[PDB]
**Q** 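Model contains varenicline. Questions to follow.
Positions are given from 1, in the same order as the sequence printed here. Atoms within each ligand, like the ligands themselves, are counted from 1 in listed order.
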Amino acid sequence: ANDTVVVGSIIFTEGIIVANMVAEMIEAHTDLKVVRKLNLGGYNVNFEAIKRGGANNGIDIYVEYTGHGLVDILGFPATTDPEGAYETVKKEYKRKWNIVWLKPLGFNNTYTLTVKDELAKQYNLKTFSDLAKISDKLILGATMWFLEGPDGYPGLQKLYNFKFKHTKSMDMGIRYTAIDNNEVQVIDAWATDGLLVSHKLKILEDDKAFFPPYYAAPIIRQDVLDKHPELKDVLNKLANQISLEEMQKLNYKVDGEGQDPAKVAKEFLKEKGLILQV
Ligand SMILES: c1cnc2cc3c(cc2n1)[C@@H]1CNC[C@H]3C1
């Protein structure tokens, strides 16, 4: 009579916004109440938590990215097209873990390598290969998740033979300040990052196609769907409802304009008519 589900996120702006959207949709369209949980860390943290489940100090639902799941299935970085990534993780997670991938939200939040526009013009940079030829002169500032993830810098560095003068691990917001001030020359910008809006940066082309697609989708434990089958349709109301530009704008409302992510998520859903006004 008082059933609850746990929606998890790791700790970054987009993750919390989209987890909040999932929680708001569930509470708007079902009789379930939602525990919102934040998990410390990056790679495989939400995956392990959902394997435990909300009844065992874990989570029942979170928004995963196809490429992050794909690299864990394969055991080595590989590239593919959006459908290849999505269908592979959907079938594998269902068969191995009884985890259900719902429909993609609509955006691809990939890792990138990004430089200031002026630096790109100064050195004629368009591609990762262009950058690698001169990386020995440059400093990379990047997030811990990118530097430590199996699908992040370790394999990219080996494939392109990147040789930066110095490589610094940085918090998410401050790497944008650091590249704006030329404390570093390259950052691992993420494609939906809010602060890409306010900095004059150039996203370089991954010409060897190292990275897989990173399409966000809600995923849920099958036993939670068995108990509450309505969830499937409710969460699929978000299907293709968030473009890259929309997600970027929401992220900037938090990171650039100081709004809290709960407010940003709820007002977005109200604007799009996905939940009721008032
Ligand atoms: C480990 C686990 N999940 C991640 C999710 C994301 C990232 C890194 C992760 N690393 C950023 C790049 N892909 C989508 C977001 C943001």
**Q** Which chain accounts for the largest share of heavy-atom contacts with varenicline, under its name in the PDB entry?
**A**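 Per the PDB entry, the chief partner is iNicSnFR 4.0 Fluorescent Nicotine Sensor precursor binding protein.
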**Q** Using a strict 4.0 Å cut-off to heavy atoms of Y43, name the atoms of varenicline that fall inside it.
**A**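 Counting atoms of varenicline from 1, those under 4.0 Å from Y43 are 1 (C), 2 (C).
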**Q** Would you say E14 has any N or O atom under 3.5 Å from an N or O of varenicline, going by distance alone?
**A**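 No; every N/O pair is 3.5 Å or more apart.
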**Q** Give me the residue, atom name and distance of the protein heavy atom closest to atom 14 (C) of varenicline.
**A**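 Its nearest protein heavy-atom neighbour is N109 O, 3.2 Å.
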**Q** In terms of atom number and element, which parts of varenicline are under 4.0 angstrom from non-hydrogen atoms of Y65?
**A**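 Atoms satisfying the 4.0 Å criterion: 5 (C), 14 (C), 15 (C).
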**Q** Is it the side chain (CB and beyond), the backbone, both or neither of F12 that lies under 4.0 Å from varenicline, heavy atoms counted?
**A**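 For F12, only side-chain atoms sit under 4.0 Å from varenicline.
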**Q** What source organism does the PDB entry list for chain A?
**A**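 The entry gives Thermoanaerobacter sp. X513.
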**Q** Given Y214, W190, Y111, identify the one with the heavy atom nearest to atom 8 (C) of varenicline.
**A**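 Minimum heavy-atom distance to atom 8 (C) of varenicline goes to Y111.
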**Q** Among protein heavy atoms, which lies nearest atom 3 (N) of varenicline, and at what distance?
**A**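 Nearest protein contact, heavy atoms only, for atom 3 (N) of varenicline is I10 CD1, 3.6 Å.
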**Q** Quick check: does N44 get an N/O under 3.5 Å from an N/O on varenicline?
**A**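 No; every N/O pair is 3.5 Å or more apart.
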**Q** Going by the order shown, which atoms of varenicline are within less than 4.0 Å of some heavy atom of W145?
**A**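 Counting atoms of varenicline from 1, those under 4.0 Å from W145 are 8 (C), 9 (C), 10 (N).
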**Q** What protein heavy atom is closest to atom 6 (C) of varenicline, reported as residue, atom name and distance in Å?
**A**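 I find the closest protein heavy atom is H68 NE2, 3.4 Å.
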**Q** Can you walk me through which residues contact varenicline using 4.0 Å for heavy atoms?
**A**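 Using heavy atoms under 4.0 Å, it comprises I10, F12, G42, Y43, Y65, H68, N109, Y111, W145, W190.
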